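Structure note - virginiamycin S1 present.
Residue numbers begin at 1 in each chain, while the letters A, B, ... track the order of the sequences. Non-standard residue? Parent letter or X, and its extra atoms don't count. Hydrogens, waters and symmetry mates are skipped; everything else that's a heavy atom, side chains included, is used. Determined by electron microscopy, 2.7 Å, according to the entry header. This depiction is restricted to one part of the PDB entry, and every contact reported falls within that part.
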Amino acid sequence: XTXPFXX
Amino acid sequence: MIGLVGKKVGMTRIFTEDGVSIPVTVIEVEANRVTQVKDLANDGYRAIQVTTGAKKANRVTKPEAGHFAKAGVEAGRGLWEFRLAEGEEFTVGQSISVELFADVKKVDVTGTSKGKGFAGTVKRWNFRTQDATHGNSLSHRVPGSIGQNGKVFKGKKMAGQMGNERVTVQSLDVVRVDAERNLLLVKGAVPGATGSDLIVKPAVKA
RNA sequence: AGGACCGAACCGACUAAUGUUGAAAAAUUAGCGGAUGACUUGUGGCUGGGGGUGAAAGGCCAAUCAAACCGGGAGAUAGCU
RNA sequence: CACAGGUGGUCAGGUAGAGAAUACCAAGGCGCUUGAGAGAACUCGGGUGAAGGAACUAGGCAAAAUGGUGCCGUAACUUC
RNA sequence: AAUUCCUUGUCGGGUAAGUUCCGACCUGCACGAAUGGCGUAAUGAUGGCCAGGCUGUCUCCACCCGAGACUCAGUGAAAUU
RNA sequence: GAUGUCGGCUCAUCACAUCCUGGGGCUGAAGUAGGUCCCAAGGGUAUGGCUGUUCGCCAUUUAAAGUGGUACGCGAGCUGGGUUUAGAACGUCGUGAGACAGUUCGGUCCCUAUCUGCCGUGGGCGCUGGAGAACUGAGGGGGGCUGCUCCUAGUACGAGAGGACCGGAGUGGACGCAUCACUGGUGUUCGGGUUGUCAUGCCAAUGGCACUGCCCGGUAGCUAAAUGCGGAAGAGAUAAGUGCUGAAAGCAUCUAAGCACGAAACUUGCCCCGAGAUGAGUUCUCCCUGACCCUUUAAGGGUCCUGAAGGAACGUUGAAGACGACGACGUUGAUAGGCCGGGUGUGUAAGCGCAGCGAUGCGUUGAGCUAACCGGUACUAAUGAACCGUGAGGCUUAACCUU
Ligand SMILES: CC1=C\[C@@H](O)C[C@@H](F)Cc2nc(co2)C(=O)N2CCC[C@@H]2C(=O)O[C@H]([C@H](C)COC(=O)Nc2cc3ccccc3cn2)[C@H](C)/C=C/C(=O)NC\C=C\1
């Protein structure tokens, strides 16, 4: 959700 | 022409009158004795098998003894071969001295390189180390990419054994020949460590 | 004198690295900030879910929050897999 | 979890020190419930470095450096 | 311009070279006066830029001390399929 | 019911529509230097400023700073500036919530590699009696870059200015291999200085701890910045291209017959691996020359005797090494350690004495200590044995013995 997995 | 087998004693410096220092590698080329002469009728090629040094009688096996007894020569620490230049002729038991290199003026030395063991890509292939900072995570001295988006080609420069292999350095200058001491001084560094065996042959490049 | 200064305890959490089936379901190490105050902390008490509280971020309300959890309506409905 | 975490209060030695910092010690209590050996790549945590010295890089990230007491001395600007 | 699309605007300064930065010009695509305008000493783990010093950040890595990796004995997982 | 992304870093690989180097044709090619086209992919092919950038501009170099493909190569390899969440403002649109390929500050990149593949390294069996060594080289990799200066020659050329091909020599850059004699780095296993503190009863002398406590030096080893070598010449067959002779076509014509030149490409030449080259090779040497039995009688089975050459294991070990492996040695012995001597490094120990109120200084003294180095030395450990491995090595055919 946060951009790249899992930022 | 044919060469000779010797031992690496070490390196030193030779001083000239004009004020020059020559890095030399001392090589002890003792009397090399022939143990077998090969021809085209029985072997298919012309060559000689020589030995040098000495060995323990209590440690030399009977198969090797019979090979030395047939030539009427004492056992040595090994056996090497050299090809003949279509005009050379030798005989079993003939002892060759370092005087053979009295007028060659250049030789190509061959030896077993020192052993580095398991080496990396920076040491073995001079790869460029990545950034030690700026975010690098466990990838400081790693190779990086090894292919594309599906196999690693053969001969890929990777880590592995480095050294302990046959290496030959070419076009070395002969600085001095002392048959009274069974020595040979060649300008420059040769492969291998002190106490290793060296194969010395005239320079083939010429 | 001081929401004053440097700086331990104490309270915080700016950077980096490590760790990321971790020692740890948010920490460790090296530094960093405040450190008589709008400070911090112990014990107990009050505010209850379209409500509370909020120096406000849609933040917190028992590792869960653009409407907590438990049970029930309930085998909700699902023209979709 | 026999978990590098968290948990309020009281007692507060010696040398150096401004100090409950820090270092080494006392009383006292521990060596952290797998070890032995070898001494490769690579990783982690550190030490040093020829000449050059930010050319690195998104960016001086990180690291290095500065670091105390006393005397002298101290600019622009200023709400003095 | 924390606001400028055109645009790295133009001039100057700084650099051997500066799409950033500083100072002027206004041609303000699309500033503007308490959803405040222009300045402002001081403060800031704030944002951008230039210097001195400093350094393995880099040119280009080299060696060393330790914890793992490696071997032996004991105990003995995991995602996945 | 998931194929993660611009650029950068690292690592690359292929193509040729070739940037440089090489070989040629035409030229409005005098020469120098260029223009265009053909052959050619062997090798080589910038650092920096600004910007997240690729790109681009600029500065300064270079023989040249090539064009493209490889998921606009490469995030189970790194990065996260950009893109691409939640926070917060400016401008702008909207009554507003909020929004904008507009801007601005800030903002978690996980995975212990099963298979394939690749880099390295071993075990097993096989190669037809077994074993110990040296080789042949089928084949496969590595390497293949280039500038400047001088001579040739200020000659050829050219009105001058200016300025060569061919050929030769020397010296460099980049890359690569090896090496540690030199110059140096490292040297927490050497020596010394020194701060605080504790202890060894105390003085003196030492030691522990404080990043090796902080520092100055420094052996061996490793090592580069250090110093030696290397790219080739040559050969064969060729590309574009140039040709000789020569007909079809009475001439002409490089070609159809025939013949000769021709490049960093190609095949060799140099370096390395290499007979698992199951097509398993060659050569030299060494070892074993028993007695029986059973039997669906054969490349048969079993027993007693025998145990070779040689190997393995064990042990001391290595400038060999992750483990295996490889190398050396094992009392008929210098393999390791220790010991002796030397060297090296540190820099004049301790104790005593002397001068000084003392801190200190001087003499004994270039003393003492001294790791991995050098040359020696059986003091210690490397034990005698045992184990594995056998007992003459198939059938057919041919030629020889008995050409
Ligand atoms: C990796 C993956 C699945 C793989 O199996 C398969 C993938 F690899 C395939 C693929 N993906 C992409 C391209 O191809 C891709 O764009 N993304 C993968 C990483 C995140 C990013 C993404 O989606 O980011 C958007 C972001 C707003 C997109 O912004 C746009 O403006 N998108 C856009 C532009 C258009 C333009 C024209 C017409 C239509 C358009 C539609 N959309 C946000 C952050 C979403 C993130 C998310 O869901 N992450 C999960 C990851 C999934």
| query | Which parts of the structure correspond to virginiamycin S1, copies included? | reply | chain A
| query | What macromolecule, as named in the PDB entry, provides the greatest number of contacts to virginiamycin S1 (chain A) in this entry? | reply | 23S ribosomal RNA
| said: Can you tell me which other chains reach within 4.5 Å of virginiamycin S1 (chain A)? Heavy atoms only, strictly under. | reply: F
| task | Look up the source organism of RNA chain F in the entry and report it. | result | Escherichia coli
